[PDB]
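Inspection log for the structure reproduced underneath, given as structure tokens.
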Amino acid sequence: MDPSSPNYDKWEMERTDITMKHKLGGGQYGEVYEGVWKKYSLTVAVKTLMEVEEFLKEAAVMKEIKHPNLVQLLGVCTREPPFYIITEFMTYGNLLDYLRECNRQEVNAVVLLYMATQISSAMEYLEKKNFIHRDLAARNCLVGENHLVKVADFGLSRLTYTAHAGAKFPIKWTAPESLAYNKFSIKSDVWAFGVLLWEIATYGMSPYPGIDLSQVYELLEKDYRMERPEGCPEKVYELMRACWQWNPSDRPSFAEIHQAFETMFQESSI
Ligand SMILES: Cc1ccc(NC(=O)c2ccc(CN3CC[C@H](N(C)C)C3)c(C(F)(F)F)c2)cc1Nc1nccc(-c2cncnc2)n1
């Protein structure tokens, strides 16, 4: 793009500079393909495409966020179709499958704590920027080298999720107020993070195992909560339970959650 042009957008890039390849993850992520940013011999993920409106809205949002633990936008091709959104490629894929397939001797308790800590840092940042994630879960996180974890948003509800409020929501990761009044806030993200902590502590088990979705709400309303997973430190579980406070205002903020994790991780890792 012309730096002098009235329409200059530093994020627009040459579609030709990308060598699109196979769909990413057997097509589990939808219209996202593996690609190579020629000029750098770099593997990247390229999401392509009247969801053109929603699409551009996503691109615009991604240009406003930068954090070491949030998937990194690398560039866009929204000059003309086909529209593109390019981000970095994370070597080991989504956190859910990673937890299920890892070497548990390698991904030990210190590492699980490290992952939680990185995720809360990303969420603390989003909190600060007044952004609401809406679908925080392990399936929406990426893992890189050296147990690097970044929060992403793959818009999976259209690709766990069940018909609800017109749309499709992951009932087991959704806060009560969100299920009841469709009220989404950073506090409902805080509830989802708690469930995510449970997913990590269990190396990727599905939440409320065996419990049918239709009973979840009522159960939550009657104060039922998932039990401390085997081997999950009491302090962590204590954090899970606080994130699951029935009233959002009673749930801790991400800054506070991050704070608590930093403390714990350094204590175990030293
Ligand atoms: C190609 C691509 C295009 C757009 C995004 N967007 C976000 O993650 C993405 C979009 C929007 C937001 C934020 N908004 C603001 C509020 C809004 N909600 C919904 C109301 C969400 C986020 C963030 F992480 F910040 F949460 C991420 C990510 C990828 N990357 C991508 N996609 C699938 C699989 C892989 C992949 C990479 N490496 C290895 N294997 C797989 N990479």
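For this chain, numbers begin at 1 and follow the sequence in order. The header says X-ray crystallography, 2.2 Å. Read the numbers this way: they start at 1 and go in the same order the structure lists the ligands and their atoms.
The drug placed at ligand 1 in this model is INNO-406. By contact count, the main macromolecule holding INNO-406 here is known in the PDB entry as Proto-oncogene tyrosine-protein kinase ABL1. Within 4.0 Å of INNO-406 on heavy-atom distance sit the residues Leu24, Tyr29, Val32, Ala45, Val46, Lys47, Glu58, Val61, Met62, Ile65, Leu70, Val71, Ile85, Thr87, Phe89, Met90, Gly93, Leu126, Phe131, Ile132, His133, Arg134, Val151, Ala152, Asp153, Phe154.
As for UniProt ATP-binding residues in chain A, a heavy atom under 4.0 Å from INNO-406 is present in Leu24, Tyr29, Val32, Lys47, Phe89, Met90, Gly93. Near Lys47, meaning under 4.0 Å from any of its heavy atoms, are these atoms of INNO-406: 1 (C), 2 (C), 3 (C). Taking every non-hydrogen atom of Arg134 and a distance limit under 4.0 Å, the qualifying atoms of INNO-406 come out as 20 (C). Of the protein's non-hydrogen atoms, the one nearest atom 35 (C) of INNO-406 is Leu24 CD2, 3.8 Å. Of the UniProt active-site residues in chain A, the closest to INNO-406 by non-hydrogen distance (1 Å) is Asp135, 6 Å.
Contact atoms of INNO-406 toward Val61: 13 (C), 14 (N), 15 (C) (distance under 4.0 Å to a heavy atom of the residue). Distances between N or O atoms of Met90 and those of INNO-406 include at least one value under 3.5 Å. From the protein, the heavy atom lying nearest to atom 12 (C) of INNO-406 is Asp153 CB, 4.1 Å. Residue contacts with INNO-406: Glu58 is placed with a nitrogen or oxygen under 3.5 Å of a nitrogen or oxygen of the ligand (distance criterion only). Interface atoms of INNO-406 facing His133, defined by a heavy-atom separation under 4.0 Å, are 18 (N), 19 (C), 20 (C), 26 (F).
The contact region for INNO-406 on chain A lies mostly in UniProt domain Protein kinase.
Residue contacts with INNO-406: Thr91 is placed with no nitrogen or oxygen under 3.5 Å of a nitrogen or oxygen of the ligand (distance criterion only).
Annotation: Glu88 places no N or O atom under 3.5 Å from an N or O atom of INNO-406; distance criterion only. Here's the thing with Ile65: none of its N/O atoms is less than 3.5 angstrom from an N/O atom of INNO-406. Listed by number with element, the atoms of INNO-406 under 4.0 Å from a non-hydrogen atom of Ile132 are 16 (C), 17 (C), 18 (N), 20 (C).
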